[PDB]
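We name chains A, B, ... by the order of the sequence lines, and we start the count at 1 in each one. Read the numbers this way: they start at 1 and go in the same order the structure lists the ligands and their atoms. The figures that follow rest on heavy atoms only: side chains count, while hydrogens, waters and symmetry mates do not.
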There are 2 protein chains.
Amino acid sequence: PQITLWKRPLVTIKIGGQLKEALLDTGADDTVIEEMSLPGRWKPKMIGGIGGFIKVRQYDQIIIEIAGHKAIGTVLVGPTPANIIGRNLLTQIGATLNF
Amino acid sequence: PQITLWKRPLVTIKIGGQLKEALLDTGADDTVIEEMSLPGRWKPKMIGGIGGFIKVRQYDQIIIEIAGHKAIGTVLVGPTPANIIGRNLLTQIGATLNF
Ligand SMILES: CC(C)(C)NC(=O)[C@@H]1C[C@@H]2CCCC[C@@H]2CN1C[C@@H](O)[C@H](Cc1ccccc1)NC(=O)[C@H](CC(N)=O)NC(=O)c1ccc2ccccc2n1
């Protein structure tokens, strides 16, 4: 598909057995998902945005479907205002920015 | 060009006649540049990211070249951790996401 940028590039994702809407984000190194009760072990992390840092839980090898494309990788969970799909997963679904 | 996402999508911009590096950022509504002297009228604004909100100077109708493509639009100048080109200017240069 092709997604224009007139509006936020939101797509449906499936993670942890739940459907969510998430932003396809070339500016994000990492994938950050709003607080949800994912099972298993995690590692503490702090990540940096425009306004400072937030505390997140780092989960590895998380199964995650993005606009119908399967992916697996690291997902950070914590108190974000948007679910964001960053480059660690955008590469897995073969996304490019084109102009 | 077609830009893959294994690395940060950094390009050269020209703003105020000065060359800078900036991130092509589909997750950003707005374009935010580090503190600089910039010819133009500005008004105070607040914008949010992960981590919270910051104060910026909003400059409208600024000429900016992005990877050799012309845009003229709103640039926010302030203590951003990084120079980001958001959707307001990505749309001007005809950028899309593809997968
Ligand atoms: C997600 C994370 C891994 C932490 N990465 C980042 O946050 C990196 C950090 C980099 C260094 C600091 C400068 C910004 C760049 C790019 N960002 C990605 C970048 O795409 C980031 C992702 C994002 C989207 C929505 C909400 C929050 C955060 N967007 C932003 O920082 C832009 C800034 C702007 N235009 O005003 N924010 C928004 O466009 C935006 C939209 C909705 C919101 C609702 C509530 C609160 C804040 C909201 N911010």
Participant: Report the name of the drug found at ligand 1, as recorded in the PDB.
Facilitator: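 Answer: saquinavir.
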Participant: Can you help me out? I need the name, per the PDB entry, of the chain with the largest number of contacts to saquinavir.
Facilitator: protease
Participant: Could you give me the letters of the other chains with a heavy atom under 4.0 Å from saquinavir? Thanks!
Facilitator: A, B
Participant: With a non-hydrogen cut-off of 4.0 Å, what is the binding site of saquinavir?
Facilitator: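 Non-hydrogen contacts come from A:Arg8, A:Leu23, A:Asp25, A:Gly27, A:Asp30, A:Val32, A:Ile47, A:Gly48, A:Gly49, A:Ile50, A:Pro81, A:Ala82, A:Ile84, B:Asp25, B:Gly27, B:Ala28, B:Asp29, B:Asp30, B:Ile47, B:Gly48, B:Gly49, B:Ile50, B:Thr80, B:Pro81, B:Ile84.
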Participant: Between saquinavir and A:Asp29, is the shortest N or O to N or O distance under 3.5 Å?
Facilitator: no
Participant: Just to confirm my output: which protein heavy-atom neighbour is closest to atom 26 (C) of saquinavir, and how far is it?
Facilitator: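 Ranking protein heavy atoms by distance from atom 26 (C) of saquinavir, first comes A:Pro81 CG, 3.7 Å.
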Participant: Write out the residue and atom name of the closest protein heavy atom to atom 21 (C) of saquinavir, then the distance separating them to 0.1 Å.
Facilitator: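 Sorting protein heavy atoms by distance from atom 21 (C) of saquinavir puts A:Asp25 OD2, 3.9 Å first.
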Participant: Among all protein heavy atoms, pick out the one at the shortest distance from atom 8 (C) of saquinavir; state its residue, atom name and that distance to 0.1 Å.
Facilitator: A:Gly27 O, 3.7 Å
Participant: What protein heavy atom lies closest to atom 11 (C) of saquinavir? Include the residue and the distance to one decimal.
Facilitator: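 Going by distance alone, atom 11 (C) of saquinavir is nearest to B:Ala82 CB, 4.1 Å.
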Participant: What is the organism of chain B, as given by the entry?
Facilitator: Human immunodeficiency virus 1
Participant: Can you tell me which residue and heavy atom of the protein come closest to atom 7 (O) of saquinavir, and the distance to 0.1 Å?
Facilitator: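 Residue, atom and distance for the closest contact: A:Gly49 CA, 3.7 Å.
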Participant: As a test of the contact definition, would atom 16 (C) of saquinavir count as having a protein heavy-atom neighbour under 4.0 Å?
Facilitator: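 Yes, because at least one protein heavy atom sits under 4.0 Å from atom 16 (C) of saquinavir.
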Participant: Quick test: of every protein heavy atom, which one is nearest to atom 9 (C) of saquinavir, and how far off is it to 0.1 Å?
Facilitator: A:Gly48 O, 3.6 Å
Participant: Write out the residue and atom name of the closest protein heavy atom to atom 42 (C) of saquinavir, then the distance separating them to 0.1 Å.
Facilitator: A:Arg8 NH2, 3.4 Å
Participant: Tell me: protein heavy atom nearest atom 2 (C) of saquinavir, and distance?
Facilitator: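 Minimum-distance protein heavy atom for atom 2 (C) of saquinavir reads A:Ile84 CD1, 3.6 Å.
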